[PDB]
Student: 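Structure of interest includes milbemycin oxime; see the questions below.
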Amino acid sequence: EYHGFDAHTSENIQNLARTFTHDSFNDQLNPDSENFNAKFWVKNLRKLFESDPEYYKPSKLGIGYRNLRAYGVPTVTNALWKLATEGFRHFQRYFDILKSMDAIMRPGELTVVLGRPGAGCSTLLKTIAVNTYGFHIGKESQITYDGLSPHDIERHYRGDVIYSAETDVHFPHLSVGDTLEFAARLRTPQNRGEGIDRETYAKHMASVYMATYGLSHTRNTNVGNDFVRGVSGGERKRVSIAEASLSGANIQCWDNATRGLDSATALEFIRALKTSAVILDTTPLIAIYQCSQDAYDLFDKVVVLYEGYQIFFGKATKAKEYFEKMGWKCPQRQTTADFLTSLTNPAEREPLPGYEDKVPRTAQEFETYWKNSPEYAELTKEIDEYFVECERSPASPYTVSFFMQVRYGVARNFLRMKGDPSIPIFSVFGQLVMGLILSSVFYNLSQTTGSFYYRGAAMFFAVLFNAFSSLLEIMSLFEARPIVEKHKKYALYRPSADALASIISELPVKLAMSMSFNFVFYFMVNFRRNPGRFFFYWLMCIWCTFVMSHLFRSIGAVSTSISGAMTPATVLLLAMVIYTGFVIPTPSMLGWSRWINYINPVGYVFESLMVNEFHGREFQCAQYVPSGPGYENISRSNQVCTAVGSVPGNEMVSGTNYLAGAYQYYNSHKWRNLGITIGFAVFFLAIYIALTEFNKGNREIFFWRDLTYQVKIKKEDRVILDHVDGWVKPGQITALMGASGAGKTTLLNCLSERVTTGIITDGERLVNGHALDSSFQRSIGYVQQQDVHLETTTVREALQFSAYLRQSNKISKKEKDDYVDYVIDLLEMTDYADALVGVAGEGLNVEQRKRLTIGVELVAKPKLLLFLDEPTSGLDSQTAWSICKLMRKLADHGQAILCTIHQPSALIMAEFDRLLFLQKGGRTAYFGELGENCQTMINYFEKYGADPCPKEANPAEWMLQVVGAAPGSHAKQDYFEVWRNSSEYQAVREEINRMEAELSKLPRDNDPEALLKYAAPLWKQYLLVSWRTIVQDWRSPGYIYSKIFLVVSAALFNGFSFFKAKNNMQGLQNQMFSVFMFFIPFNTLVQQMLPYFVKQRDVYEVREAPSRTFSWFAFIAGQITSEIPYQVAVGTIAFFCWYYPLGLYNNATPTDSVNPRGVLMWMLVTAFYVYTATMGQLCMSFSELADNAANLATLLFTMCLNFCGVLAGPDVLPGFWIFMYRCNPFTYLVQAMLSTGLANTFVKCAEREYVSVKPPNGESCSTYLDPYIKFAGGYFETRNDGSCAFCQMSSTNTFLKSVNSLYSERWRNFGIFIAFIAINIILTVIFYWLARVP
Ligand SMILES: CCCCC/C=C/C/C=C/C/C=C/C/C=C/CCCC(=O)OC[C@H](COP(=O)(O)O[C@H]1[C@H](O)[C@H](O)[C@H](OP(=O)(O)O)[C@@H](OP(=O)(O)O)[C@@H]1O)OC(=O)CCCCCCCCCCCCCCCCC
Ligand SMILES: CC[C@H]1O[C@]2(CC[C@@H]1C)C[C@@H]1C[C@@H](C/C=C(\C)C[C@@H](C)/C=C/C=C3\CO[C@@H]4/C(=N\O)C(C)=C[C@@H](C(=O)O1)[C@]34O)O2
């Protein structure tokens, strides 16, 4: 709790000053002397120890204006159309949002803007803080900032005026001390100063400001977010205030900073603002709606708006009186702020007796009265004097140079990495493990020509493993964007400085990754062993990773989520991967494709690495074309190697010749490519910095008796509820009230059987005098506090779903629909019945969402109770009053309601019928009728001895004060003892006994349908959930279109890079790697898909799981079935976009089997596109976060791809890894695909693959080579030289057999893949049961 600038804070500041004066070395300012006052010390410290520069930085600002006037101006099947319309709107009236006003705010005054939502307070505070982005300002207006101008403030005085409204953006894993010290050190001036180190001064600044705002205790504690634990809810707002004050802000504007915050938290926040205004001369503006009287007693000035009209402005204490002079009536026990706010509501409010004709009803009449009043005349006189006085009388807003900003950014980034080493450790160790595994695949490559291909493959993947190694770093960019924006607004540092700091801070991680991967890969794979070759390889890999890191940062500087950046960048990254130079060697490159390789930053890296390895090297020949049983005694001059650069009669193959023939790489480009890659890195770094700088912007009565409830905590059991008894009757509302530690929520959850812990010892809950049965949990509705709804379901659809799945199965659909309509009418939801729920920003209000939740829990027809968990909490005064009226209407119709109420207003409290009050230890203190204006309750606490309640006061707070639960109060008597020793308790016990003895004889109603766990059969639940998920996926905003575009673009690029392809010895390998690259969109698809699984899982587990709507099996089966249709359609599109451009059907013409092979390939592609979804869901079933599931799925996919039989077959793989070659799901898909697409067709060798053979003297190639052609496949062509050209392949079956793919085993492989899909589904279900189902 915060008490302001109390004596304790003064003593703490005294101790801090005493500590600091020793390092540093009027009667005040002496820590060791008497009568020293902390306020004067803090005030003078800023002006004295900060020195005086030659600029005109002001220490206080006040704002005055005279005539301020401000004016202004789905289903995917239609989305594209809408976009087109939007485009037309981009191809090519005048209403005042804020009418004329007059105001003046001076330093040291806390000002509050009041008004109902939509009045225009947010726009006024945006205008004051110079944030007019979305509306214009009238030319007649005149705004003066203590003599400056709005343009002057915006241009080179920013940071003096700040505007933060609702959500605080802090680094969750940075401690409060570090968070404040960062700003303190970034704001201190480096221009000399005093004989004190700057770091010491920043530390003293941070300590003093922590002490001032009561945060000294919360040092070295993570600030945290709504997810990460830390400073709970109110110390974070004070941290934000302290940080804003440290940055020199002099006019701080807040809009509903205390939104969804209880009265105590808002009161302490406003207290912190008041001390900020008092100690440090400041002009804070606050826009609040639910403000307590104690909080309102702190405000210095109030301005009240009526639809942006500013009916009144002036001293807060004189506000009510003025309006009471107007002719309005203020009901007693009503806070002044609520009275002022409701005076603008025609439905509420009422005039004084005899004033029914003099008060105004229109905002225009309100302005007329305001202007005619003498208060407006005095205000105008003051404004004129202020403007006359102001008229009579820094290059950049930042304080430290660019180098200092980037240095501090680097330090903060290191602190963040220390506070969360997850991503760096994961990246480093993933690189290490992947390098180890991949090297195990390529272990100890031979020195003969037979290793050529493998060597190339290695130097390809190494490049890839350096290109994408730094993909995860961009995640940090998505976490620091809001904070960087805020600090730019605060005028602390530029986004460019933060970008450079982020680049510099990740160098250690990049070095660790590069070392851990390369030092193992380059050496366990038998590459060139010379030191110079290794060092050149390492240098090129370093530059490749820098280039790709800068490219990834550039892509992620204009994106908000990993999937959002991944979807459009997937095509680009796949294009760079394909055109590296290995999948499609330059000789095989098509006409339209070469320009892609010319501008590829990775092609040059690959060329340099291959040139470095192969140039100036001789490889021993492995195979000679003429060989076998008939050529066991043939001369070496009549033979020739089978490589590309082979020369007849030579026993060795030159690396230079092979490189110049197969890949067309030359040694002249070894060092030039390094310069090209350096240029690419610099270019991408410049683009990234520019982007991050510029591109930014009933009949049964339920009663409990002797309910005792205890829970074991750390081997110790403490009773949370001690002998709590009561009842709930139809037609009455009972309010469950208590302190924070009174455990009223525990009582509510124990009564409703929604608490999974503890044991009830002496309790007894009964209905109509009978013990509880198995039908209880289905006869009580539970309206949770938080509203968890699907964003893609209309109100009517949600109500219909609940009614269908929760009402009796013997009731026809017509009755269910009619009851849904009746509930919609009763809750006054008919105006927006067919409106998407959407998100909080766009969609339904908080009131509408709460009404929808009550309706959802009402259409189930609960016949016993409606437990409401804090309905009037986190809501405005008027919205809370409306919801209370709705609850009263429900209770009128014949309902029984029990609700827990937290910090209510007097008017709200007067609406309830009965009250159950609990004090520490769950001890009942009162249980009885509230009476009129809570009078009866008061009598109970007044006739037993206590301080009489004031005539004007809130009885809700009076109760807490009386029982000692309020902060700063004395009980003076244990009220449990008097309650147990009262006549009221005896009456309650007698009533409970009478009810138990009487109602137990009533004839109960028996029906087995009510005893079932679920009201609908399993198949119906499965169907309904599957349909809901399908509709949600369809209606998501750009989810199906993103998938379609990604898959279509990737498939088209992969199928047209390999346009109709010659079946030469190299073309077959190119097509095999085309099949291999066809699987790359797996990661992007999983990343896109997982969040929409998270949404449904959250909605189910938070609300639908305990409500017993549908079982876990129905949920998981629906999730599994929802993705099959979309995946099948996308797979069909992908197959049509890839199979035909590749021209594979030509291979089927010779054997006449065109249709079967095309059909089988379509099945295989669709099966892969279903398997990707099944595997993503399997990896997501047991995991908690979407990022972890996506990363695990990517790891498993990479492992499956490594041992899929393309990089190295079973005969090359180590015996240890064969277990992964057989259990792979892709080792069969790839075999089936290759077999279907390539089998049973001829092969024609390219001009560069023909191998020259010189027959022995006196022989022709026919006679000399037919025995070999018979022994092994191939063909030969005569030449006009005496030699002849031999091609080692005559049919594609030879290549397929080499890859270990057979034509007769395609259907078996398809069946095995289907079996793997089934295993994935089964494991998904089982793991979801094991991990998530309680
Ligand atoms: C913030 C970013 C941080 C990034 C990190 C910063 C890194 C900055 C480093 C700067 C250092 C730059 C050094 C470059 C100067 C090279 C001067 C000689 C160039 C040369 O000498 O290169 C041809 C010969 C052999 O190459 P080669 O196979 O082609 O054989 C040739 C023959 O030797 C002969 O000399 C004829 O050459 P020329 O006719 O003159 O062209 C021809 O003869 P033939 O082949 O025709 O028979 C052939 O080219 O290189 C060889 O020995 C081995 C290959 C170079 C060996 C140096 C490797 C240096 C690694 C740098 C450090 C890496 C660590 C990375 C980070 C560390 C910690 C984080
Ligand atoms: C989660 C595991 C590790 O994952 C990354 C970053 C670091 C982690 C520890 C990143 C992966 C590649 C991976 C290391 C390299 C390989 C496994 C080699 C190769 C088989 C993988 C290529 C992957 C891709 C090619 O390019 C695709 C793409 N668009 O085409 C996008 C948007 C992302 C790529 C990707 O996400 O690659 C991609 O899926 O290192």
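Numbers here are sequence positions counted from 1. Atoms within a ligand are numbered from 1 in the order they appear, just like the ligands themselves. The header says electron microscopy, 3.1 Å. In what follows, every heavy atom counts, from backbone to side chain, and hydrogens, waters and symmetry copies are set aside.
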Student: Specify the chains or ligands that represent milbemycin oxime.
Tutor: ligand 2
Student: Tell me which chain touches milbemycin oxime most, using the name in UniProt.
Tutor: Pleiotropic ABC efflux transporter of multiple drugs CDR1
Student: List the source species for chain A given in this PDB entry.
Tutor: Candida albicans SC5314
Student: Which transmembrane segments of chain A does milbemycin oxime cozy up to, meaning a heavy atom under 4.0 Å? Go by UniProt's count from the N terminus.
Tutor: 2, 5, 8
Student: Which other ligands and ions neighbour milbemycin oxime at distances under 4.0 Å?
Tutor: none
Student: Mind pulling out the residues near milbemycin oxime? I'm using a 4.0 Å cut-off on non-hydrogen atoms.
Tutor: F465, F468, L471, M566, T570, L573, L574, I1080, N1083, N1191, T1194, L1195, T1198
